[PDB]
Amino acid sequence: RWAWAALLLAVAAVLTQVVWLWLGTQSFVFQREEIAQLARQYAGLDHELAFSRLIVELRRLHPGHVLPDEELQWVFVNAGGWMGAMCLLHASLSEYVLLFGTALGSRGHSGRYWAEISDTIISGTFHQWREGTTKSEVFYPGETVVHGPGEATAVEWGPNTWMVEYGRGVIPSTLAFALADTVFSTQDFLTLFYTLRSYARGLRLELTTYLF
Amino acid sequence: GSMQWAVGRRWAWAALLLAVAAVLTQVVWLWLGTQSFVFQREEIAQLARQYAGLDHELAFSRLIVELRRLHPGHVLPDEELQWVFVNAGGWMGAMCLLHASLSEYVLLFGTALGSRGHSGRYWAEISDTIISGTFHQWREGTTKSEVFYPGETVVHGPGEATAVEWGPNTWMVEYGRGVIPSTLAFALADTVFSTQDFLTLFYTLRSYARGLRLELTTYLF
Amino acid sequence: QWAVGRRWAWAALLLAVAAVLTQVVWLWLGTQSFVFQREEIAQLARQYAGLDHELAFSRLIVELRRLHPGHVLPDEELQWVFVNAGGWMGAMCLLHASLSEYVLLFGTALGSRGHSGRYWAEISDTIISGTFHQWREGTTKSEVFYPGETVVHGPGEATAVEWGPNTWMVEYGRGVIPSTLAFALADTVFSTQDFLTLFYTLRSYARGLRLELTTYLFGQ
Ligand SMILES: O=C(CCCN1CCC(O)(c2ccc(Cl)cc2)CC1)c1ccc(F)cc1
Ligand SMILES: O=C(CCCN1CCC(O)(c2ccc(Cl)cc2)CC1)c1ccc(F)cc1
Ligand SMILES: O=C(CCCN1CCC(O)(c2ccc(Cl)cc2)CC1)c1ccc(F)cc1
């Protein structure tokens with residue numbers, strides 16, 4: 001039975017080599033500049049119509065990578081002491097696209113992610129206070145603010161602020177932050193389930209499109 | 001030779017046991033049909049809408065007086081009235097509990113600084129009648145918010161979730177019907193995981209205990 | 001010579017340990033010394049309020065190092081680190097920290113609101129710039145504080161605090177400092193999950209403790 005462990009580790013090594021080669025040779029569906037430009041073109045419109053136009057355009061530019069209307073749902077998000085709402089359009093293990101915002105405004109922690117985030121503002125204001133600094137910057141509709149991996153900032157969204165977000169990195173690690181206040185502050189298990197279901201629907205779509 | 005009108009005593013005993021079993025299992029159900037709420041659903045709102053024109057101090061005092069006059073033995077006395085902090089859903093305010101049962105509660109809530117956060121999903125229906133200030137509500141699934149001013153009442157259905165914002169110096173009365181302990185579970189989340197203010201935990205639990213003691217001593221006398 | 005009961009000598013040793021512990025606690029309270037006076041940090045920081053908060057912080061650090069050498073962290077150990085607690089978020093820079101005392105620069109460029117925290121310690125805060133809204137427990141009114149003023153937070157008191165944009169202050173705290181650090185990391189653990197900030201805060205406290213120990217044993 002000593003060779004059974006050798007066979008198990010051999011199969012495991014070949015499988016891990018497959019996984020490594022696949023993770024290495026994977027391309028990305030979206031480009032940061034693509035999402036940024038699509039969101040900047042629609043910043044002048046009201047956020048409802050801008051969301052609609054951007055979703056239609058994303059669907060026509062990358063078919064099979066945008067959730068259908070039957071699976072689009074606004075879901076609240078409580079994290080880092082702030083509260084907003086998001087609608088997920090695309091979600092994989094390495095990429096995500098969503099619409100985020102708040103009609104009341106909010107303030108809190110940006111989150112320390114293993115990913116690169118890009119928020120292009122459709123309406124409102126985005127105040128960012130970078131770590132180690134004593135001043136804050138402000139971003140207005142049409143501008144794009146980037147969150148590098150391992151960075152943490154303080155964030156402040158003014159009333160009626162809405163943006164398009166494109167994240168790229170270790171996506172399953174970000175759920176730990178985005179659901180922290182849902183577990184320990186709001187105890188909103190229904191919203192937790194809705195978020196997990198949106199993520200799973202995005203994964204399902206990506207898998208079926210990759211398999212055809 | 002047995003008369004067809006007689007009844008065996010053991011069968012009669014067992015049949016009376018079955019009869020009391022059925023009668024008890026039937027009248028236990030009617031307890032959920034004879035449910036009596038101490039306050040009407042819109043009574044608290046129509047009561048507080050009258051004192052909205054005054055400052056919150058005098059308004060609270062006169063409303064407490066009138067509520068004691070209307071429902072004697074159902075409002076906590078001046079000895080047990082206490083302002084305690086409430087940290088929940090990422091917002092912070094203060095409450096003063098006037099009535100508390102396992103299915104109903106009434107309190108004076110508000111904030112002198114303003115706050116924002118998550119309303120919470122309760123197994124209960126909440127009603128907030130504004131005495132002073134502003135109340136901003138952002139319902140789930142929408143991308144817009146509504147504002148409520150003194151005199152108006154905001155109704156929060158069971159299972160609903162909204163984002164909320166209280167401006168500076170907002171004060172309201174509040175009435176709630178449903179599983180009150182489940183809502184107390186939410187009202188103490190940030191007190192445990194954010195503020196660590198165990199004295200506030202003790203204060204809120206003591207207010208609830210005083211309300212329950214008053215509701216039980218009124219039922220017995 | 002005679003014997004003592006199994007419960008007799010037990011209660012006798014209980015009383016002996018009680019006497020020893022009580023008199024030792026009293027002896028420790030008698031020998032308690034504080035590096036900074038109760039109103040020293042506030043008086044010193046009020047002199048720099050109104051200036052640019054950067055210039056004020058630099059001059060205050062220089063002055064504190066001049067007045068108490070060996071009790072202020074060196075430049076290579078000063079670091080701005082975020083703090084998330086009671087629903088509010090800001091940034092701190094620790095200048096002095098032991099088991100009984102601490103001195104820091106606190107503030108936020110965005111403003112925040114939350115729970116002050118209930119401590120076993122007396123905490124004074126002298127505003128360098130910005131605004132400080134306070135709401136005391138049991139009241140329905142709030143008091144505003146402007147630069148130059150000092151807000152005192154007594155042991156066991158709990159208030160609702162609000163900092164306006166670009167609010168910066170100097171803070172001196174005296175009491176059970178570990179119990180205040182416990183509150184200082186609540187949201188960092190259960191809300192932000194920023195383990196790097198947790199490490200930074202604990203490392204700053206450890207550096208303050210190390211400096212205090214070295215100066216106590218070797219005299220700065
Ligand atoms: O919703 C999220 C979490 C992103 C929050 N999202 C990132 C950080 C943010 O706070 C930010 C701060 C500073 C900067 Cl510079 C840029 C972005 C904006 C909001 C999510 C995560 C996983 C998932 F499957 C679905 C949704
Ligand atoms: O703390 C509470 C619950 C009331 C919170 N109180 C109601 C919900 C609230 O979040 C709300 C938001 C929006 C709307 Cl529309 C209505 C109500 C505002 C604060 C409590 C009170 C007494 C008790 F024994 C146990 C718990
Ligand atoms: O404990 C802390 C974090 C200070 C937060 N610090 C708490 C009190 C504060 O929140 C406050 C509230 C109300 C009032 Cl009135 C005044 C001050 C201000 C900020 C610490 C930091 C470094 C260290 F090495 C040891 C301990």
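Residue numbers begin at 1 in each chain, while the letters A, B, ... track the order of the sequences. Atoms within a ligand are numbered from 1 in the order they appear, just like the ligands themselves. Below, each value reflects all heavy atoms present in this structure, side chains not excepted, and no hydrogens, waters or symmetry copies.
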Asks: Help me out, what's the drug found at ligand 1?
Replies: haloperidol
Asks: Provide the name in the PDB entry for the chain that contacts haloperidol (ligand 1) most.
Replies: Sigma non-opioid intracellular receptor 1
Asks: Going by heavy atoms only, which other chains approach haloperidol (ligand 1) to less than 4.0 Å?
Replies: A
Asks: Which organism does the PDB entry associate with chain A as its source?
Replies: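 Per the PDB entry, it is Homo sapiens.
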Asks: What residues sit within 4.0 Å of haloperidol (ligand 1), counting only heavy atoms?
Replies: A:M86, A:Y96, A:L98, A:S110, A:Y113, A:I117, A:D119, A:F126, A:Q128, A:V145, A:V146, A:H147, A:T153, A:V155, A:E165, A:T174, A:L175, A:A178, A:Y199
